[PDB]
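The structure to be discussed contains ponatinib.
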Amino acid sequence: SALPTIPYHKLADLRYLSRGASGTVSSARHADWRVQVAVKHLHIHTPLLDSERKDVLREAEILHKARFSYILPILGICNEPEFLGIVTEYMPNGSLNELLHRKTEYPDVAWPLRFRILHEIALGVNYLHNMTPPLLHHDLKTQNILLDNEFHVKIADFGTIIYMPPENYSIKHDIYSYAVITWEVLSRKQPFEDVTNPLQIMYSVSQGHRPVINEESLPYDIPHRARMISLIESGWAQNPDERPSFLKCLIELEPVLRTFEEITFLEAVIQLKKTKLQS
Amino acid sequence: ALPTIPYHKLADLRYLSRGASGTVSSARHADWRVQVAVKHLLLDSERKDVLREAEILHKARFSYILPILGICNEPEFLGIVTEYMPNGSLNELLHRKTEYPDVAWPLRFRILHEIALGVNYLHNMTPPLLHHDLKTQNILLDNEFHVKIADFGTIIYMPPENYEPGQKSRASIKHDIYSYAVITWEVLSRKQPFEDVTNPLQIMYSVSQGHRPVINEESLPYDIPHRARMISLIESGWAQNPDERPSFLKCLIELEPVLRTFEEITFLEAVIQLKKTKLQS
Ligand SMILES: Cc1ccc(C(=O)Nc2ccc(CN3CCN(C)CC3)c(C(F)(F)F)c2)cc1C#Cc1cnc2cccnn12
Ligand SMILES: Cc1ccc(C(=O)Nc2ccc(CN3CCN(C)CC3)c(C(F)(F)F)c2)cc1C#Cc1cnc2cccnn12
């Protein structure tokens with residue numbers, strides 16, 4: 001009702017970004033708003049395009065109902081014979097995944113920025129869980145966490161199974177994913193790197209194994225290392241009932257975040273952008 | 001479509017403004033764990049004025065418009081909840097020279113660019129929204145000094161053809177751009193428009209007759225980047241003839257090349273400098 005319908009011909013300079021499941025994510029410039037945008041457009045040459053339409057409108061309805069500071073903001077729908085899609089704000093600094101694992105482009109990612117990111121992911125998911133009815137994400141991974149021009153988090157949805165809790169091979173799924181993500185953020189390692197076949201991963205996890213917690217994985221200089229290890233281990237407990245709520249997580253995190261002097265967040269970000277611009 | 005937030009979910013309320021439509025207070029939402037602003041004012045008609053405002057803000061979601069988070073609608077309490085903007089208004093940034101003694105040029109242009117992006121979006125809605133009360137007091141600044149447009153001495157932002165009220169003045173499509181020109185002059189000078197004249201009727205008369213804030217070396221110093229493109233923009237914007245004034249879409253197009261000369265890192269640096277001086281001074 002409030003959601004603009006954007007004609008395809010109003011979208012200029014389309015550049016590919018991703019080929020997600022049903023179709024492509026591209027960057028563009030809106031000709032009248034003069035801002036950059038992202039657009040997710042499904043393929044037109046499918047026999048199952050009838051249901052494709054339905055999926056797109058259901059997705060836009062969701063994103064629109066879920067407006068919030070840490071959820072990717074939707075700007076409109078494209079709905080024409082030649083072109084079907086969702087338009088959102090464009091996040092110039094890509095995904096958390098890239099931030100963590102492109103060590104040539106991002107050789108230092110200061111601790112405060114990392115805790116901010118974890119705090120904001122929690123704020124986002126928590127808001128979804130507090131909607132009426134609750135929205136459950138059920139596909140959290142670092143690929144789905146986007147970062148705006150100041151490296152604030154925008155949660156989205158588009159190596160799969162590592163973020164999945166064993167009992168899904170549920171109100172307690174997102175928090176499992178968030179624990180792995182947390183391990184991932186503090187370590188900058190791929191969970192289960194030295195492990196080829198993902199069936200072996202599902203088995204190991206079935207049996208209670210988790211990413212390794214180590215001097216090698218989580219070095220001893222991590223601020224609040226021990227509070228954070230507790231959070232991770234609660235979060236990915238074999239028993240879903242031992243895993244905490246996101247609200248409990250935020251409460252555990254708030255004092256950790258209060259330790260950082262506010263200027264240090266901006267300093268962490270300015271450093272990153274400076275190094276990124278030189279790669 | 002828009003959450004209804006119970007008053008008892010809002011913790012630690014602290015006064016901020018006693019604006020037009022009610023009191024504006026800061027608070028913390030007990031379940032979302034974020035800070036918020038809340039504007040709280042017949043059970044027939046008072047509601048409609050608030051519900052009409054929330055409908056507007058909700059219809060107008062965009063990067064540079066103040067984001068509405070919900071409505072409070074209870075027997076004890078009626079209001080609108082929005083995101084909270086910790087760095088106050090553009091007005092404070094410009095005129096509190098003790099707290100903010102240097103405001104680097106690039107940050108200033110970014111702000112101007114973003115005000116234009118906001119008003120432009122309003123003008124492009126269906127039907128168009130017209131602001132008609134732009135001033136520096138209504139431009140808010142988020143944690144990284146990005147702009148959020150809002151609405152809550154005054155006549156200086158008003159174009160002369162709106163002095164005589166009516167159905168002409170209301171449907172004027174060229175009001176916001178006049179206000180934006182004065183704001184622009186204000187941002188580049190950090191002077192009050194018409195500081196020298198005591199009585200605001202003499203201001204209305206002078207403006208009736210084509211006079212505008214003074215442009216020169218004292219008001220707009222020679223070191224302003226793109227001084228001459230910017231003076232042109234201001235002057236087209238506040239032209240006596242409404243038809244010579246540009247659309248905000250034209251405005252943005254005139255600005256885009258100016259903004260492109262600043263390396264993007266420079267905006268963040270300007271913001272760091274502010275926060276450092278605000279803290280160390
Ligand atoms: C164009 C576009 C369209 C849609 C979506 C999208 O995220 N849709 C979405 C669907 C569902 C949900 C919640 N559910 C999860 C599943 N489900 C079981 C529950 C409900 C959410 C969430 F935000 F709420 F999480 C989002 C993102 C983009 C993007 C983009 C973009 C912007 N900058 C860049 C830079 C690089 C790459 N991409 N990119
Ligand atoms: C709680 C709250 C509620 C509402 C509004 C509000 O701005 N409502 C609004 C009404 C109409 C319009 C557009 N129209 C203009 C007239 N009109 C003829 C056309 C339509 C717009 C606009 F933004 F779109 F302009 C906004 C702001 C606040 C705030 C706040 C806040 C947050 N942090 C701080 C820090 C210090 C002080 N305040 N504060």
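Letters go in sequence order (proteins before strands), and every chain restarts at 1. Just so it is clear, the values below take in all heavy atoms, side chains as well, and ignore hydrogens, waters and symmetry mates. Whatever order the structure lists them in is the order used to number ligands and atoms, beginning at 1.
- The chain with the most heavy-atom contacts to ponatinib (ligand 2) in this structure is named in the PDB entry as receptor-interacting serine/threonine-protein kinase 2.
- Other chains in heavy-atom range of ponatinib (ligand 2) (under 4.0 Å): B.
- Grouped by UniProt domain, residues of chain B touching ponatinib (ligand 2) are mostly found in Protein kinase.
- Checking UniProt active-site residues of chain B against ponatinib (ligand 2), the nearest one by heavy atoms (to 1 Å) is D133(B), 6 Å.
- The heavy-atom binding site of ponatinib (ligand 2) at 4.0 Å consists of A37(B), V38(B), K39(B), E53(B), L57(B), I65(B), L66(B), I80(B), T82(B), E83(B), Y84(B), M85(B), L130(B), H131(B), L140(B), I149(B), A150(B), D151(B), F152(B).
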